[PDB]
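Model: 16S mitochondrial rRNA / ligand tigecycline.
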Amino acid sequence: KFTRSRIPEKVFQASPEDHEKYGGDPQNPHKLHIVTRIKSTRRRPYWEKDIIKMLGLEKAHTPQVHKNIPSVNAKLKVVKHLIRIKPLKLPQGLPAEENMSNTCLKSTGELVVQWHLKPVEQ
Amino acid sequence: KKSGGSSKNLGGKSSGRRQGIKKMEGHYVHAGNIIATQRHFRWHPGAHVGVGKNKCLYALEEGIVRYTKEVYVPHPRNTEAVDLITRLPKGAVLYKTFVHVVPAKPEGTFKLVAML
Amino acid sequence: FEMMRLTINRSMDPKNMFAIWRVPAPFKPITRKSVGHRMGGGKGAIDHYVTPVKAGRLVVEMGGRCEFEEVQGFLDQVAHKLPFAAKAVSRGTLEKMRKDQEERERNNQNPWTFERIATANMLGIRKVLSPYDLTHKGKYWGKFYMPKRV
RNA sequence: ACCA
RNA sequence: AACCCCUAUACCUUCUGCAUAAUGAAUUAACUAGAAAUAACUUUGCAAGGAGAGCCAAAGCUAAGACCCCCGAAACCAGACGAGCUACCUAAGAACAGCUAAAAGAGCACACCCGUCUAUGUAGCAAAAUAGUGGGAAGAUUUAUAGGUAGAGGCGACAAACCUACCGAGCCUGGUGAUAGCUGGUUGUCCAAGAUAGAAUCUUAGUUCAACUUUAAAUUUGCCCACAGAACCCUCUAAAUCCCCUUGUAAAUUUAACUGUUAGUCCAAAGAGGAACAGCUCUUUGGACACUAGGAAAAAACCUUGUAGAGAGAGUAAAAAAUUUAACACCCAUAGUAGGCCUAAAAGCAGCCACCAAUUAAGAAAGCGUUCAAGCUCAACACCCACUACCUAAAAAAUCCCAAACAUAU
RNA sequence: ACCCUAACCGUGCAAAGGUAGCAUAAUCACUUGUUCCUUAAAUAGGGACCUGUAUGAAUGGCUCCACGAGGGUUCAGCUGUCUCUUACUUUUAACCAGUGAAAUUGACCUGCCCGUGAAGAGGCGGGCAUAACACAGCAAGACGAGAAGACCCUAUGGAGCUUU
RNA sequence: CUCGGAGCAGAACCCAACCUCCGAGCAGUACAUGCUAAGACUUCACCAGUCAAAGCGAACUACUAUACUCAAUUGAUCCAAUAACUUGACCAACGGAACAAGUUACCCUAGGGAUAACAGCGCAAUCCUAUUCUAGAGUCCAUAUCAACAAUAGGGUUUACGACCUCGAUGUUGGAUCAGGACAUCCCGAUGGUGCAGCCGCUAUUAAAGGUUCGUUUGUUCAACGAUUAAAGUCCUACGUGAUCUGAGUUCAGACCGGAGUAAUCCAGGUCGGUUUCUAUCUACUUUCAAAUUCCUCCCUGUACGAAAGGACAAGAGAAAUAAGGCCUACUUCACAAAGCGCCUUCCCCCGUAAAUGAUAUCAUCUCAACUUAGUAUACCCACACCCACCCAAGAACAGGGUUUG
RNA sequence: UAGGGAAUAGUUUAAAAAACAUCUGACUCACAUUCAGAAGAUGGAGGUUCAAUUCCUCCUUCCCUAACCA
Ligand SMILES: C[NH+](C)c1cc(NC(=O)CNC(C)(C)C)c(O)c2c1C[C@H]1C[C@H]3[C@H]([NH+](C)C)C(O)=C(C(N)=O)C(=O)[C@@]3(O)C(O)=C1C2=O
Ligand SMILES: [K+]
Ligand SMILES: [K+]
Ligand SMILES: [K+]
Ligand SMILES: [K+]
Ligand SMILES: [K+]
Ligand SMILES: [K+]
Ligand SMILES: [K+]
Ligand SMILES: [K+]
Ligand SMILES: [K+]
Ligand SMILES: [K+]
Ligand SMILES: [K+]
Ligand SMILES: [Mg+2]
Ligand SMILES: [Mg+2]
Ligand SMILES: [Mg+2]
Ligand SMILES: [Mg+2]
Ligand SMILES: [Mg+2]
Ligand SMILES: [Mg+2]
Ligand SMILES: [Mg+2]
Ligand SMILES: [Mg+2]
Ligand SMILES: [Mg+2]
Ligand SMILES: [Mg+2]
Ligand SMILES: [Mg+2]
Ligand SMILES: [Mg+2]
Ligand SMILES: [Mg+2]
Ligand SMILES: [Mg+2]
Ligand SMILES: [Mg+2]
Ligand SMILES: [Mg+2]
Ligand SMILES: [Mg+2]
Ligand SMILES: [Mg+2]
Ligand SMILES: [Mg+2]
Ligand SMILES: [Mg+2]
Ligand SMILES: [Mg+2]
Ligand SMILES: [Mg+2]
Ligand SMILES: [Mg+2]
Ligand SMILES: [Mg+2]
Ligand SMILES: [Mg+2]
Ligand SMILES: [Mg+2]
Ligand SMILES: [Mg+2]
Ligand SMILES: [Mg+2]
Ligand SMILES: [Mg+2]
Ligand SMILES: [Mg+2]
Ligand SMILES: [Mg+2]
Ligand SMILES: [Mg+2]
Ligand SMILES: [Mg+2]
Ligand SMILES: [Mg+2]
Ligand SMILES: [Mg+2]
Ligand SMILES: [Mg+2]
Ligand SMILES: [Mg+2]
Ligand SMILES: [Mg+2]
Ligand SMILES: [Mg+2]
Ligand SMILES: [Mg+2]
Ligand SMILES: [Mg+2]
Ligand SMILES: [Mg+2]
Ligand SMILES: [Mg+2]
């Protein structure tokens, strides 16, 4: 009988080697996830279809931002085969009311608060 | 072409009894609420939980349903159970699962009705 | 059993060898229907009995004043005639067989193993796996054992 | 005695 | 640049599923198929009343809008009409050569009547014929005429025959638009929501309730889910579930009003039956299909993928099948003794026990051998390295193999 | 009573216990029985014997003359039935002239091989073939045409017949 | 065929089977098994079913009690009986029509490929084949031959099983006719083994060009039998082929026997009789293609081979048959001709192995080593008038040949 | 293949009896008949029931019927 699957919690216990490959800091976890659906929910059970809708992931290749917290992670764990998860990086800090209209989410996961569409002079 | 046989097993056509817990841990019950149905005693009545003559566990008060593990001491007139405990090794204590209702409200209040 | 017994008793040295069964006698009933019958009409009648055997079980055990070379010949003959894949083994070959499997599981340079993927439901792979595949770890497909799988 |  | 190039499996119906070699359709024109209450809803009027007596009213009530197809049996009954055919009968007629025999349901044989067998013919010459060959031919014969018996019936040398070209019961009209849980039909445009737990049933080709689905209304949680919690008998100590705050989310329930769906397929998984057959049958949990597109050659059910338009832009998804195999030492051999025992005999080698000694070395003998014998290897010695890799071993059907090819440029 | 069978013995049951006949076949377990005829050769036919799942006496039994477009066996002869066909005549045919139907038909620009597929493809995949159009033949396919399968099942569809 | 318990269905609930098992259609105690009423459960609907605080009445001081033990122990409505209380179906097809059976081949209509009989397809238990294993048989000897217990793989000829295409029709068992294909080879060819002296056999490898008889009997396929034969192969092709034929069988209406039924009727039990339509639209095809097979006799030779008995072979020479292709001198049917029963002609190959030399592995070794041997067509057709007409050995029409016979 | 029925002294029938057979005796010259005595079975196994000739369930065994439509 095909059922929902329990994932052993060891699966989500990073090792020292994992930190080297991927470059996260276990002592300073990122606040926000970038989550992208990269796989259909067709040919997947309905309960995964439901969570993809709750996460705002009905359109593929469309980055959603989410909180890196246990409740949300519980959902992301059910559909972790349908998605790409990256940490949101804020090299220039949070957007401010001033630059709310100038942000760009780059493919590297960095949300820049200044978007000039110009070549770097140097 | 070939004459065939017949199955010799009749009966066995009853449908499920739909028995079991009706109120899980932490659930709020009103007096009378059937807490669980059973054919044999899986759950025993505890505090403020009555048992009907079909072993039906029901709430006697209004409040929260609890399930606990308690030591089991039968009634001395229950010959079969008493015969069981008398044959137990010294130091062995029987346990059963009990269900309780923690009453939610007091029985009443004292209110001022007159100043005469 | 008749094939195992007559071949082993005829080929063993009774003075220096003994043989014990490691399987019980047929105990599982097997039903068959009358020839030419259609589907239906109740289950058929008990026809014969069998003994279930799982992979990794010893079927017959020998010992005595002999080496492995002395028995390996005709134990391989009886094993080749069994309804499943079987092999004559020794106290020593069995152990190295198990050391080699554990050695392979350790020096395997493939970062992807069946177990890792299937336990984490990676790729939603459990939609094509059995629940039993969580413990068989890709080494079993029905009644077949694959000793190459790690 | 034996309708439903 | 008409064609050549590339892409492309008519349509309707019916189905689990149709290019299907399943249905229907030559084509054109014309004709040819959703009829209405109950309640509800919407929009007016008046309003504790409404209404042009009757009837409703605890915001009703009046009015209006808006709603439920077509063709088709075999039958059943009533009243007529039919015996110019045919069945049988009545009245009164007619025909039957020749030959044989002569008592004549005799023979042969025409006219005549019939229809055995063969062929022909099969929308014919013919809705039963033609040619030949046949049976009978003074008889229970054949035949003209008029009349009789009528369908719940007649008539019958019973074949259920015949009764006006289909008689297990005629024909016609009417009842009658018979009835059909069955098949076939069902007509302008555009958008939207929308796939199916079960129960009962003279019921399983259908219905009704539930379930799902639709519309409108109301107001409030729904879904996802943390601990804590849900059994002993006794474990295949299963994957899981139930409950459930947070959280992520936007649904959910209730009220009113309905119809349709209640003949299901493959795939994965847990089982059951069968043969651990089936494109088999039955339950369950998922998925897909019956909805697009791209893959897997064509391809319902596997993989990728969903929301709709235009573009002579762009990044991608799934997505191409790998493998090649069996060589193998060379030499050398005397001796207590044919060890006893057993056995007719057994001498390494029937079977029994024991298995010690000679020489650097050769088993009271591993395989073959015979007459129990003798013989031939192997295990020893001597010379001195044989090369030994690693596990291994297969194939045949029926119209005609089946893309072409290719080991080499990052 | 070797076996076979039982004149015979015991017991029971019925209204009576199948008599006379007849029986390898309109009849048939074994079975193509067995034997005698018949042929070179018989699962045929004839005569017998065995004896009857389930032969049998006006539901007539058993013989027999005559008779029969009845079913079957056969001698002799006869012959294109056949070995094994051939020749010719007429008809039909084909060509010219006149007259002029039918069933059928979704549309068709209507190949072959293998594979696939609602499991048997002109039409799909992969190959191969390939200027165009008359006429005469053929019948392998078009699951060719014809008649809403007479089989089988289903329908709370009919009807005929028969009954305790 | 209704109702309960257990498994399937392991842990909330639910869950099918002409699935696996076991049970119930009551007994017993009471006589408050009296009244009443919050709140609940519920067999997936409904109906029905279930549990219960408080209260009223009772009972009452040591499991009992305002709801007995017990698992099911059961039946709606109408109606009937009764003063009332209350009672009534093995209505068991158990959600129950108030009360109705057979038979149809004399049949009919509506449908269904939702469902059987034929064929196809799936499958391969059953069938068939191969290999693996070494018991066993074979005097000895496992392997010349033959094989148990098993094991593995294949085939798709049987008997089934499934119910996926066709019930607005895919009609036909055997035979005739014409045969296409497989090779698992019956015969003919080439090999290896042999318990192969020879003659015959047996077994295996290779080979599908060519061939594979006529009768008696049965409707028969099957088989038996008589004669043969080099041999009388196994299979598939919608059990090849019925718009080509046949129709004995088969299977509608008639009838008979035995049996079954009260009878109507019925019986893979016998028996006799019983309508086989089609003018071809499309596809396909209509002179592939002139290379030939086999037996027998003589001879080798009474040789080889054998103690004898017997008794051959790659040669050599004849004479046939069949199969192709022609032809008419004679014969025959005939007669300006067409024919057969007559005559004439007919031409290569094939591979399994067996051996040299010879390395890897300084011997050997036929070699998926390099290598050397056995051991790889021709013929026919072929130039192009008028295209008046006539003639023809040419011909359906058309075309072709002849006319220096217009 | 599928359902039903039936297994009682050695025999055949009953509901644990009877007639035979057997055994013992008497009668007879002897035998038979006859007479008088005697023994003699619930197919096996598995149950329940207060008690198993009517009841199980199975085995073993024999019978009967059905095995049809294309
Ligand atoms: C299978 N048995 C029951 C049987 C069957 C048939 N025939 C059929 O079943 C035919 N079936 C069809 C109708 C074809 C479907 C049968 O025809 C027969 C028989 C039984 C035998 C008995 C024979 C027996 N002997 C001689 C061997 C015997 O002793 C008797 C007797 N009466 O005692 C016989 O009569 C016997 O010879 C016989 O006639 C039998 C059958 O006829
Ligand atoms: K088709
Ligand atoms: K179809
Ligand atoms: K059709
Ligand atoms: K239809
Ligand atoms: K119906
Ligand atoms: K006869
Ligand atoms: K005879
Ligand atoms: K006659
Ligand atoms: K044709
Ligand atoms: K059909
Ligand atoms: K006919
Ligand atoms: Mg269908
Ligand atoms: Mg069509
Ligand atoms: Mg149809
Ligand atoms: Mg048509
Ligand atoms: Mg009536
Ligand atoms: Mg006459
Ligand atoms: Mg008459
Ligand atoms: Mg009659
Ligand atoms: Mg009749
Ligand atoms: Mg008429
Ligand atoms: Mg009806
Ligand atoms: Mg299926
Ligand atoms: Mg008699
Ligand atoms: Mg006779
Ligand atoms: Mg008979
Ligand atoms: Mg008989
Ligand atoms: Mg009689
Ligand atoms: Mg009578
Ligand atoms: Mg007379
Ligand atoms: Mg007459
Ligand atoms: Mg006659
Ligand atoms: Mg004659
Ligand atoms: Mg056809
Ligand atoms: Mg047709
Ligand atoms: Mg029809
Ligand atoms: Mg009716
Ligand atoms: Mg009626
Ligand atoms: Mg008849
Ligand atoms: Mg009909
Ligand atoms: Mg079908
Ligand atoms: Mg079939
Ligand atoms: Mg077909
Ligand atoms: Mg086949
Ligand atoms: Mg099915
Ligand atoms: Mg049709
Ligand atoms: Mg052929
Ligand atoms: Mg055929
Ligand atoms: Mg008829
Ligand atoms: Mg009679
Ligand atoms: Mg009769
Ligand atoms: Mg006739
Ligand atoms: Mg006939
Ligand atoms: Mg024709």
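Just so it is clear: chains get the letters A, B, ... in the order the sequence lines come, proteins before strands, and each one is counted from 1. Every heavy atom of this structure was used, including side-chain atoms; hydrogens, water molecules and symmetry mates were not. Heads up: this isn't the whole entry, just a piece of it, and contacts are only counted within that piece. Numbering of ligands and ligand atoms starts at 1, following listing order.
- In this structure, every copy of tigecycline sits at ligand 1.
- By chain letter, the other chains having a heavy atom closer than 4.0 Å to tigecycline are F, G.
- Within the deposited model, no covalent partner of tigecycline is present on a chain.
- The binding site of tigecycline (heavy atoms under 4.0 Å) is made of F:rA29, F:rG52, F:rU53, G:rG269.
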